[PDB]
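Just so it is clear: chains get the letters A, B, ... in the order the sequence lines come, proteins before strands, and each one is counted from 1. Values below: all heavy atoms of this structure, side chains included; hydrogens, waters and symmetry mates excluded. First listed ligand is number 1; within each ligand, the first listed atom is number 1.
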Amino acid sequence: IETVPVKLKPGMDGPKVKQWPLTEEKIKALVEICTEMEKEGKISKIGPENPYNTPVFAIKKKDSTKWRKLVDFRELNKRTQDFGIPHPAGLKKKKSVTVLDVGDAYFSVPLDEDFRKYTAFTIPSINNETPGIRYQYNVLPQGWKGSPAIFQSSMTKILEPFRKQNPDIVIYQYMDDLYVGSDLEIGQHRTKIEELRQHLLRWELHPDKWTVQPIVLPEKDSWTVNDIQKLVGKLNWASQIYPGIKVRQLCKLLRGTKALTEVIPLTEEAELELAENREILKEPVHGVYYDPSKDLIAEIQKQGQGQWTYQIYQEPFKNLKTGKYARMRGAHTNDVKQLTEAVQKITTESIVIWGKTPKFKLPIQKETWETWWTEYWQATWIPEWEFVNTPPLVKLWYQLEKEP
Amino acid sequence: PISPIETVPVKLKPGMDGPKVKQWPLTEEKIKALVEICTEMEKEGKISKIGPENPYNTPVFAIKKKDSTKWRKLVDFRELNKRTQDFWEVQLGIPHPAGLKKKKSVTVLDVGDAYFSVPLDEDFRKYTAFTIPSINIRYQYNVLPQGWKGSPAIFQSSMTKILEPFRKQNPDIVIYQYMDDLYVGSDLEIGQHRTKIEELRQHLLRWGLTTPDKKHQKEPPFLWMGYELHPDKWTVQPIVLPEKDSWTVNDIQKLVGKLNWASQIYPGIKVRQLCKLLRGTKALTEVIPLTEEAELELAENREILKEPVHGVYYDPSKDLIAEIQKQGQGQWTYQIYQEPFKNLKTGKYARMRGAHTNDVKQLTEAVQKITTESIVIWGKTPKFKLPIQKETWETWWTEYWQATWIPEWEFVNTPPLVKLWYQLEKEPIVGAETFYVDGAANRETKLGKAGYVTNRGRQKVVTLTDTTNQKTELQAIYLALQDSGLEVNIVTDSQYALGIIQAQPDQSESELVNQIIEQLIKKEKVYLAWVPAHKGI
Ligand SMILES: CC(C)=CCOc1cc(NC(=S)c2ccoc2C)ccc1Cl
């Protein structure tokens with residue numbers, strides 16, 4: 001077909017990211033996958049005269065025992081020009097949502113000749129005994145931001161019928177995936193989804209259940225100096241979020257070099273102060289509104305025992321959402337597994353809610369992450385991340401989140 | 001001889017233009033030679049004469065071969081190379097011997113001057129303009145020029161194509177290109193092998209690529225960057241240490257360099273006392289009196305390096321095993337093998353303590369590094385034999401603040417085992433003294449006070465000259481630890497101390513922190529608590 005001219009943002013140059021080492025198992029998977037696509041004319045071998053490169057790798061989705069190729073177009077996407085493109089604030093309210101992989105659709109559409117060079121990627125070899133196998137795309141690449149964009153037209157058409165005959169169902173497209181949400185009970189929903197599949201071929205989520213949990217304070221019959229000390233610390237720090245939280249009356253009980261184990265009776269003044277603080281903590285802070293022009297940020301904290309806590313915010317302490325996460329069954333011995341899973345769920349929610357991926361602040365060493373993240377990844381997209389050192393205080397606070 | 005291969009399109013980086021440098025004046029002898037030599041490749045079709053329609057020029061030189069006999073030429077493409085586009089990876093990594101597989105036979109085909117066999121991009125040719133001046137003739141390359149940036153890149157991909165059919169036709173034959181050498185191995189009977197080589201040689205010859213005959217082909221052993229490669233085993237060439245009588249700084253450095261490389265293969269090599277001779281070195285050529293401690297060390301190293309070492313190649317049908325050992329604080333040695341004692345690769349790491357770590361964290365990092373190099377080499381991760389108990393690992397990782405992991409491993413009882421030097425109590429200790437420690441110092445004057453007071457009445461305070469606040473706080477903690485018994489409760493408002501509670505380090509850059517560390521280890525039970533500053537507490 002006639003190709004739309006795609007360009008890089010002015011002054012930018014193509015990505016030149018080096019390939020990470022890959023296991024035998026997945027190098028094989030990729031070679032096979034690529035020889036096939038080459039035959040089908042999706043991609044072509046290139047020479048050294050093309051200096052650009054982008055990392056590639058293979059993953060298998062849950063309920064999938066067939067390898068699926070995945071490219072890291074983050075760098076390219078960032079350099080690819082922007083281009084109308086919606087987000088239904090109602091998808092966040094649906095009773096149930098279903099994600100669909102509509103990546104394949106892109107391989108039908110041709111990619112502008114002049115931009116092809118920039119999509120160069122390399123299949124490496126074990127122990128460098130052979131040169132890398134260099135390819136480049138000829139059609140629209142999966143995981144690229146331009147693809148859903150250019151395919152927009154064809155997409156709307158294809159969906160319009162199901163839409164007009166089912167305006168009670170929400171459909172949202174974010175890259176390779178399509179999110180279909182409906183309030184219809186499981187029966188009609190699943191059946192209507194299968195129907196939608198067929199509709200495409202021919203050519204489970206629960207959104208608001210994600211309620212922000214309040215911070216609960218401990219209750220004892222008798223409090224010790226240590227207990228109070230721990231409590232006061234929590235509150236003092238917490239005052240950065242809720243300025244109405246006071247800690248003087250309690251601090252008063254803490255005057256004197258008493259043994260930590262010493263039991264202390266609460267003064268009627270202290271009792272009030274505490275009761276009052278619990279009240280303020282019964283609900284999220286006022287004044288927090290999402291600003292579409294600013295990046296979304298997600299912080300995660302290892303809580304041990306398989307628990308993890310996270311916060312989505314744009315400005316520190318002004319959290320849009322917060323939540324806890326318990327490890328999936330199977331990862332009973334490894335953090336990297338639980339973390340990637342967590343990262344994926346969180347990114348998804350960000351998508352459903354704001355249609356935007358949060359920049360992550362991960363409590364892990366870069367090396368550890370780079371070495372094994374691919375082994376557990378199961379999403380068409382790859383969010384941004386940085387590696388940080390979890391402050392002891394922020395951890396102790398969110399540990400206090402309410403549970404069922 | 002030239003070849004009929006598709007030229008690779010090469011352009012100068014956007015915005016730049018071809019070279020235009022001056023041509024050096026030469027002796028009649030340096031000119032005579034260049035005239036003769038240039039006429040040679042001229043007749044061969046390698047280079048063609050050009051007129052005044054080419055404003056570009058590269059300096060031509062003339063250097064007699066090893067020791068003033070016959071004359072040879074050299075072209076200085078420095079400038080041209082600066083203006084030429086970048087190509088992708090020349091050699092994205094070299095195969096490490098431990099990742100190779102044994103072959104019944106290996107032969108290397110020196111495709112020597114094949115650079116001058118591959119035709120250059122006709123358009124680009126103009127930029128290769130050079131000149132043979134008189135005492136009082138212009139040319140340009142029509143083929144890949146020796147010294148030109150794009151030559152190796154283009155040459156490689158070319159060989160790749162040409163070999164694609166032969167490889168398909170012979171999937172039981174292994175070829176490996178490196179520069180202008182072509183390593184070919186197999187497991188066929190010698191006669192068959194000899195035949196296929198010739199068939200290959202003829203296949204190459206079919207594209208003008210002249211290669212040497214059996215009578216002039218190199219054979220194993222192969223010297224591969226440190227190793228001595230044999231078809232069934234690799235060998236480490238015993239390193240020679242010059243027994244000098246007088247040593248210079250420079251000499252010591254180069255020595256330590258070679259020694260540090262050796263330690264990977266020969267753990268036991270030490271350089272502590274040898275490095276000590278560099279302290280306060282005023283000049284690179286100054287002579288240093290070898291301390292007897294260094295004499296003993298240097299000698300012991302020669303004994304070690306006397307025993308050559310040889311290992312085996314990778315057997316795909318066998319599992320990989322990686323074992324690690326802690327030689328000292330922050331020093332770990334590992335050896336990867338498939339069959340016990342039959343090593344593939346060995347190595348070691350030295351971990352500069354840095355901010356604050358612990359041995360388990362370090363073990364973790366070794367495991368990590370190893371896992372990565374393995375993947376690159378063998379495409380798979382080894383099963384680990386680690387000198388740490390499952391109980392210890394469990395206790396540490398489940399509660400550590402950072403995400404961490406160790407692939408499938410198994411405990412190996414090989415002392416010294418790495419263990420948790422101490423563990424802070426989770427709650428206050430009953431029937432134990434409570435020290436309310438605090439420290440502050442005037443940031444500008446560097447003068448402070450560190451002290452404590454206990455629920456048992458005990459008190460103390462110290463004045464400190466040339467100290468900082470962070471130090472004072474820690475010093476307070478040190479004192480509390482010194483004057484306390486086996487069981488202690490310590491409350492502080494130090495945000496930095498919050499770091500210890502969370503990370504519980506057993507090694508640090510700060511000598512003070514280390515003092516505390518030693519004291520913490522000595523205690524039976526310690527409970528450390530933090531409280532906000534400038535409040536009622
Ligand atoms: C890296 C290199 C110099 C290889 C040639 O020397 C040897 C290589 C092998 N084994 C392999 S798998 C081989 C041979 C040619 O190319 C390869 C990748 C074994 C012994 C020697 Cl002496």
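In this complex, the main macromolecule engaging ligand 1, as named in the PDB entry, is HIV-1 reverse transcriptase. Looking at ligand 1, the drug among D-amphetamine, WIN 51711, UC-781 is UC-781.
At a heavy-atom cut-off of 4.0 Å, other chains contacting UC-781: A, B. The deposit gives chain A the name HIV-1 reverse transcriptase. Other-chain residues and nucleotides with a heavy atom under 4.0 Å from UC-781 are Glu129(A), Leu100(B), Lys101(B), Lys103(B), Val106(B), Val174(B), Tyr176(B), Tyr183(B), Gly185(B), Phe222(B), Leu229(B), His230(B), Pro231(B), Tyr313(B).
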